Amino acid sequence: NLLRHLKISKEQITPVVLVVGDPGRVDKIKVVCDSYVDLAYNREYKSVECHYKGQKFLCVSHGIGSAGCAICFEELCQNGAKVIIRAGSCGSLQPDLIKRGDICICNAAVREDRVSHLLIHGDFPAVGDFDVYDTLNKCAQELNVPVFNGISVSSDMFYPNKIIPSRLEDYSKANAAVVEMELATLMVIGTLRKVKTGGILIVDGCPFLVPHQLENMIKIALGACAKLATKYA
Amino acid sequence: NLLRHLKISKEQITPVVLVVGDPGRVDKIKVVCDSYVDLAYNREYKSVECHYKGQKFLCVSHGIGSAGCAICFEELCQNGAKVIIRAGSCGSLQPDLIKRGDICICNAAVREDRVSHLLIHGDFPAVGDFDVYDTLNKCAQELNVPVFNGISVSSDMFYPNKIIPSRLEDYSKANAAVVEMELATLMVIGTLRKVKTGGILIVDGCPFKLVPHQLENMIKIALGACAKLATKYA
Amino acid sequence: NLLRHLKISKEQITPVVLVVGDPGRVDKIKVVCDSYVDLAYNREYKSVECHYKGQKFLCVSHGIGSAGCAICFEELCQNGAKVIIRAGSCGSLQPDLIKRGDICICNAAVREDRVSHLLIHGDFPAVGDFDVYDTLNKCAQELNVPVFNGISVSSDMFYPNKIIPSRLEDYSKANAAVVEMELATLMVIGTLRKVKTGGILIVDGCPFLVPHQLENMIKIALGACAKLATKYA
Amino acid sequence: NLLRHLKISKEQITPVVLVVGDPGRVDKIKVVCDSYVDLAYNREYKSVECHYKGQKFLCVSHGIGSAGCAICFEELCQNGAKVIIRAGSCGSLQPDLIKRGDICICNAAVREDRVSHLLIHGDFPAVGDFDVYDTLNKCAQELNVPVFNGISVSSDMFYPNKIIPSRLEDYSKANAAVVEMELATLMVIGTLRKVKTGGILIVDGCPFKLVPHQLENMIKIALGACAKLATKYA
Amino acid sequence: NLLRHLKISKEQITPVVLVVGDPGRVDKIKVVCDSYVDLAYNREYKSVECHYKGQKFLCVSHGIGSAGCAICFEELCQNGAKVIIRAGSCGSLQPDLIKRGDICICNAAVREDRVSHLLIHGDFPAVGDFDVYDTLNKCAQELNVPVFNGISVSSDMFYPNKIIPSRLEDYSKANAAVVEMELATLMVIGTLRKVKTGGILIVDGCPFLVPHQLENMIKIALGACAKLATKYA
Amino acid sequence: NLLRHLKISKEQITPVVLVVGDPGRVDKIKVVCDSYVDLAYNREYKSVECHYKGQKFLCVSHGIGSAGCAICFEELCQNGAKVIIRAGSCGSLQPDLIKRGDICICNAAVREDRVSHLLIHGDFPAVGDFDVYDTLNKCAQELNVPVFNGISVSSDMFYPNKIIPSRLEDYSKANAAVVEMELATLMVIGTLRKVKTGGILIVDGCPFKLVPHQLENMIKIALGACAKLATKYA
Ligand SMILES: O=c1[nH]cnc2c([C@@H]3N[C@H](CO)[C@@H](O)[C@H]3O)c[nH]c12
Ligand SMILES: O=c1[nH]cnc2c([C@@H]3N[C@H](CO)[C@@H](O)[C@H]3O)c[nH]c12
Ligand SMILES: O=c1[nH]cnc2c([C@@H]3N[C@H](CO)[C@@H](O)[C@H]3O)c[nH]c12
Ligand SMILES: O=c1[nH]cnc2c([C@@H]3N[C@H](CO)[C@@H](O)[C@H]3O)c[nH]c12
Ligand SMILES: O=c1[nH]cnc2c([C@@H]3N[C@H](CO)[C@@H](O)[C@H]3O)c[nH]c12
Ligand SMILES: O=c1[nH]cnc2c([C@@H]3N[C@H](CO)[C@@H](O)[C@H]3O)c[nH]c12
């Protein structure tokens with residue numbers, strides 16, 4: 001009995017899920033786990049079950065964009081997911097400090113989408129679970145990988161025009177660290193459906209992927225998923 | 001030197017483009033053509049040059065959702081596309097009149113997204129080009145396929161909640177025909193970058209509570225229109 | 001039994017109606033038809049029945065402004081009108097291309113009013129019926145009159161101040177052709193009440209009437225009304 | 001050299017102006033005066049110089065609706081008017097207390113228009129000048145005409161629909177007295193251009209569900225106030 | 001039986017109430033009346049009953065800020081207050097004309113708060129009662145004290161940042177006289193609960209207290225309260 | 001040279017500040033410390049330097065409400081504060097789970113104010129610093145005090161009306177724990193001025209329909225956290 005977009009079953013959904021933008025990235029992640037079980041591939045949603053450090057968790061892709069990743073997150077949350085960690089890339093809003101290849105672990109986001117607003121009034125915060133943020137940070141410490149922490153702007157516009165000015169400059173003076181396209185949506189949906197969420201991002205651009213740094217980030221994401229998967233096993 | 005997301009080059013972009021959501025649909029479309037050439041497949045964006053009735057145009061996937069599809073449309077418009085037609089599925093907002101399997105060709109859309117709003121004020125209409133619309137309707141007549149016309153609601157929310165009421169009921173009473181997730185964004189981006197746009201949709205569901213020959217028909221109409229439109233660019 | 005503002009009866013309303021801003025313009029239009037029947041004149045609303053090319057249709061005035069023309073359109077739509085075509089003047093938002101005296105046939109509009117927003121959420125498009133737009137364009141071809149096509153900004157402000165900046169510059173970079181004060185309102189009301197609407201405008205100003213060009217525009221409007229009136233006779 | 005819409009010249013504008021919606025009302029008002037002079041009639045704008053109690057002031061029509069009347073008010077304010085009083089009709093939002101034929105003199109209005117918002121932020125109040133208000137009320141006392149005071153809702157929507165609920169019910173509970181279509185716009189334009197404004201209204205209807213002597217009385221009060229106010233401009 | 005924040009009883013509330021920002025100011029006001037009766041002091045809300053010119057009225061403090069003064073005004077209005085006059089300080093938005101120490105009597109305000117908007121749609125005017133404004137002005141005439149009249153901007157921001165621009169410049173070109181932080185809130189709450197309100201302010205700053213001028217302002221406020229208290233005695 | 005409202009000087013501001021609403025609460029807190037020094041009392045702002053566990057930090061009152069408390073937070077942040085913890089009371093929005101007397105330590109807030117919006121766009125989150133949050137939670141563990149975590153609604157409206165429905169019901173369904181009037185403003189101001197913030201609240205009421213030892217416990221936790229945090233500033 002299958003989920004409309006993900007095309008996996010309720011009983012295939014693990015408590016912990018690592019989510020990812022590029023479907024290609026699922027393939028490159030499962031290959032560094034102890035083993036894996038391919039589950040489904042429909043549209044941009046590729047589902048693979050990972051086995052790492054004695055634990056098991058899904059890794060699922062959602063494509064680019066809040067509306068498309070919302071479908072993913074809703075299907076996960078309405079069907080037994082308890083923890084969802086986003087691993088992806090972003091641009092830097094503090095180019096003096098946060099540089100290409102740097103890793104950012106985020107605790108909150110700017111809701112520059114539409115879905116979240118159709119779900120709850122705009123005054124509501126897009127904010128992550130602390131345990132998840134704490135686990136991610138602690139893993140980065142163990143693995144001896146320096147990270148930044150901060151707020152991400154989650155904006156549905158990648159390409160600005162010359163008519164309405166972009167708000168990236170504002171949000172950067174407001175001390176937002178980075179910009180991507182999915183994190184706020186995950187956070188709001190998670191809060192609404194009692195799922196614990198978090199975000200780890202690698203800087204790939206300076207709108208204002210370094211091979212070994214990407215490998216570190218993935219180690220952190222996977223470690224954190226395994227650490228949190230323990231509490232549910 | 002390649003487009004950041006689509007991973008094709010400016011020269012590979014034909015004047016007319018057919019756009020679809022599901023990357024799987026690109027492969028089902030290309031075999032209905034006379035011949036084709038695979039160009040690229042990056043993330044949710046699969047690119048293929050189609051050859052139909054002596055004409056040559058791309059077919060490109062954009063995934064689900066306004067933000068993800070805006071990246072596709074922008075890369076296309078900034079690099080030479082002149083006509084972009086969306087072909088996809090949708091839900092009925094008129095379940096007494098418009099039923100699972102029916103085809104709707106839309107002239108305008110409700111902007112229930114965000115990208116379009118980060119680009120111009122919300123008071124600005126999401127409209128399609130009337131030639132594209134007219135071409136689509138005329139193909140539907142030549143191929144003897146009955147077809148609805150109307151307005152689509154393009155909403156970023158597929159799965160509603162119990163706190164903020166959905167606006168579908170509202171837009172239904174306002175005579176919006178049909179609901180999906182991409183058309184408004186296409187239209188506004190097309191208008192701002194001087195690209196003619198249009199959309200054709202097959203009803204796959206009824207959110208109030210795919211037919212193979214009808215899907216085949218819709219693809220036929222879409223491909224027919226693309227060819228007719230490619231004709232006027234030598 | 002009379003309509004509250006128009007002061008005509010249900011049975012006096014024809015399927016096709018040409019609407020116009022200046023009440024004076026009704027008088028100048030009826031005089032170039034084959035014959036006419038004056039119906040009423042209340043406030044700014046002058047109603048005259050026209051007979052042209054074997055067809056009959058109302059021609060009605062509504063004054064300047066969205067709130068006042070809404071009353072007109074609502075009384076028409078709630079009482080049997082099936083097609084309403086707006087004929088009027090506008091300013092140009094592309095002064096290099098669209099010049100004083102030029103004719104523009106419009107398919108959609110910017111909803112810079114209030115009525116439409118009190119009727120339906122702002123995300124809803126103000127857009128015309130294609131058959132109407134097609135008929136208008138085809139008439140312009142027959143009569144050998146070159147026209148432009150495009151989006152009109154319908155704005156309730158004619159006179160800007162120096163505090164809030166006008167959006168005309170924005171909407172012009174957005175590729176809007178022209179600016180007037182009624183078209184979006186007609187379009188939204190029409191869509192809401194299953195009436196087919198359209199707009200033909202003559203450029204009279206460059207905010208950013210050429211005697212023979214006005215005569216052409218009126219020929220087009222009247223031809224189009226007669227062509228569409230046929231389908232209902 | 002004439003005003004674009006009103007078709008009168010700057011010199012023809014008197015310090016005090018009486019404004020009305022119906023162009024037909026201008027003609028009914030001028031004959032109640034001592035004498036008058038027709039000035040112009042263009043579109044919905046009819047202009048007449050009135051002479052009442054040794055005083056001289058214009059009476060001008062503006063049609064229905066905020067956008068159409070804003071053009072009138074702006075042309076007047078930009079060219080020398082100092083006081084503008086609106087006299088017109090309205091509906092009751094307090095049908096137990098305020099009944100068909102009653103007269104209301106309003107100090108402030110709800111801005112349910114658009115023009116005012118394209119001119120300043122919505123947080124800005126639509127208020128009248130208190131002298132004008134006071135003069136109107138004092139005339140009502142001298143002429144022994146009972147009168148209500150309160151806030152008017154100025155709404156661009158006369159004919160509501162079944163999709164977006166009207167806000168009249170709301171504003172009624174908020175103690176707004178009365179409803180019409182022009183006052184808010186007058187007030188805001190007056191405030192921005194340093195012109196003193198006021199309004200007096202006769203109730204012609206009850207949108208929840210014209211009395212000749214009451215209308216005569218209201219016009220008397222309006223003309224009385226205009227004369228008293230024209231007095232202080234030599 | 002006591003009010004939740006003010007900690008006074010229904011029967012202690014007089015028909016007329018003078019309200020004030022600084023709790024310290026209550027102490028300095030009661031001392032220039034004929035006599036007084038201290039009632040309560042809870043949080044920032046100090047309540048004292050004043051006896052002046054044969055009349056009696058409360059004088060109550062509410063602190064700085066719309067949210068905090070709303071609590072005060074609601075407790076007063078829901079418990080028998082009929083007239084509430086605000087006496088306080090403000091900055092000047094017309095620095096050429098309205099100078100430090102000048103007195104302004106206000107009839108309306110810009111609703112740059114949140115409470116009023118949670119109570120009623122933003123299109124609703126924040127406007128005072130005329131009798132109150134008239135009384136205040138007439139007292140200023142008797143006492144031979146020159147005053148200004150105008151609209152006050154009531155804004156919840158005292159300290160602007162460099163990201164979103166302040167609207168004070170706009171509201172000043174719009175001909176607003178002064179800026180403070182409570183008046184619009186009083187006016188809206190008053191209108192909603194059939195209480196007559198008014199405002200008298202002394203200019204203390206030029207964001208864009210003169211000892212004898214403050215004394216004048218207080219004389220005016222007190223006179224006006226006594227004059228209005230008569231109608232209810 | 002003194003701060004305009006707080007009436008203390010830049011040098012008197014310690015890196016860590018404890019903030020409370022009720023000026024009366026400052027006096028009840030200082031006596032629970034090892035020693036203290038009164039600094040100032042102006043309007044609703046009472047300032048006192050506290051000494052607890054060898055550490056030194058201010059305690060300052062800010063009255064009720066976002067606008068009044070923003071003045072306090074801004075004066076503190078502009079003049080050297082590094083950590084600001086809010087300790088106060090609140091209502092339950094989860095009355096089956098969170099009961100009168102329970103303590104909630106909040107990580108984030110709903111921005112139902114205005115100040116925060118005049119400072120940055122509403123899409124920006126009101127979040128606390130996670131160290132502050134973590135410190136507070138750890139103190140609660142050391143002192144063996146059970147404690148809730150969650151999101152607070154910070155609303156400028158204490159007394160709702162019958163015209164515009166309150167949004168508490170909504171935010172409750174959205175899993176907001178608790179409701180008060182200051183936290184969102186603190187958080188946003190902290191984020192914009194690079195100051196770490198947090199909040200701890202005791203439930204005093206149930207707006208759907210103070211326990212002394214629980215209040216004592218909450219103050220203990222707050223003071224404990226302040227000391228632990230002051231430690232890292234020599
Ligand atoms: O500089 C950027 N701006 C906006 N999005 C992204 C991204 C992420 N990558 C995808 C689009 O490039 C999308 O998933 C977004 O979240 C990386 N860098 C940037
Ligand atoms: O009933 C519907 N609601 C919203 N979207 C869709 C669609 C289309 N399919 C995809 C998601 O189901 C998306 O691209 C959307 O445009 C088909 N039916 C519906
Ligand atoms: O340049 C213009 N700006 C705004 N409206 C108009 C108009 C039209 N004429 C009337 C006001 O001048 C009104 O009906 C509007 O629709 C002509 N030119 C312009
Ligand atoms: O009940 C009413 N609702 C809205 N407007 C009006 C009016 C006035 N009459 C005109 C339209 O009926 C218009 O100028 C408006 O201001 C009288 N009664 C009502
Ligand atoms: O220049 C000013 N701007 C904003 N508020 C005030 C005030 C008033 N004083 C208090 C804050 O300084 C507050 O009650 C506000 O209403 C005096 N001057 C100004
Ligand atoms: O149930 C409540 N709603 C709103 N505020 C509060 C408070 C706090 N107490 C003060 C007002 O009662 C204010 O500072 C607010 O933050 C306790 N309980 C509630």
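Quick note on labels: first sequence line is chain A, next is B, and so on, each numbered from 1. Keep in mind that the numbers below use all heavy atoms, side chains included, and drop hydrogens, waters and symmetry copies. Both ligands and their constituent atoms are indexed starting at 1 by order of listing.
Lab note: drug at ligand 3 identified as forodesine.
Looking only at contacts, the largest set of contacts to forodesine (ligand 3) comes from what the PDB entry names Uridine phosphorylase, putative. Every other chain with a heavy atom under 4.0 Å from forodesine (ligand 3) is named here: C, D.
The deposited entry places no covalent bond of forodesine (ligand 3) on a chain. Of the residues that UniProt lists as binding phosphate in chain C, those with a heavy atom under 4.0 Å from forodesine (ligand 3) are: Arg86(C), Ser89(C).
Measured between heavy atoms and rounded to 1 Å, the nearest UniProt active-site residue of chain C to forodesine (ligand 3) is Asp204(C), 3 Å. Proximity to forodesine (ligand 3) (heavy atom under 4.0 Å) is shown by these UniProt purine D-ribonucleoside-binding residues of chain C: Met181(C), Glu182(C).
The set of residues with a heavy atom less than 4.0 Å from forodesine (ligand 3) is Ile64(C), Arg86(C), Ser89(C), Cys90(C), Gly91(C), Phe158(C), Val179(C), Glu180(C), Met181(C), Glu182(C), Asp204(C), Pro207(C), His5(D).
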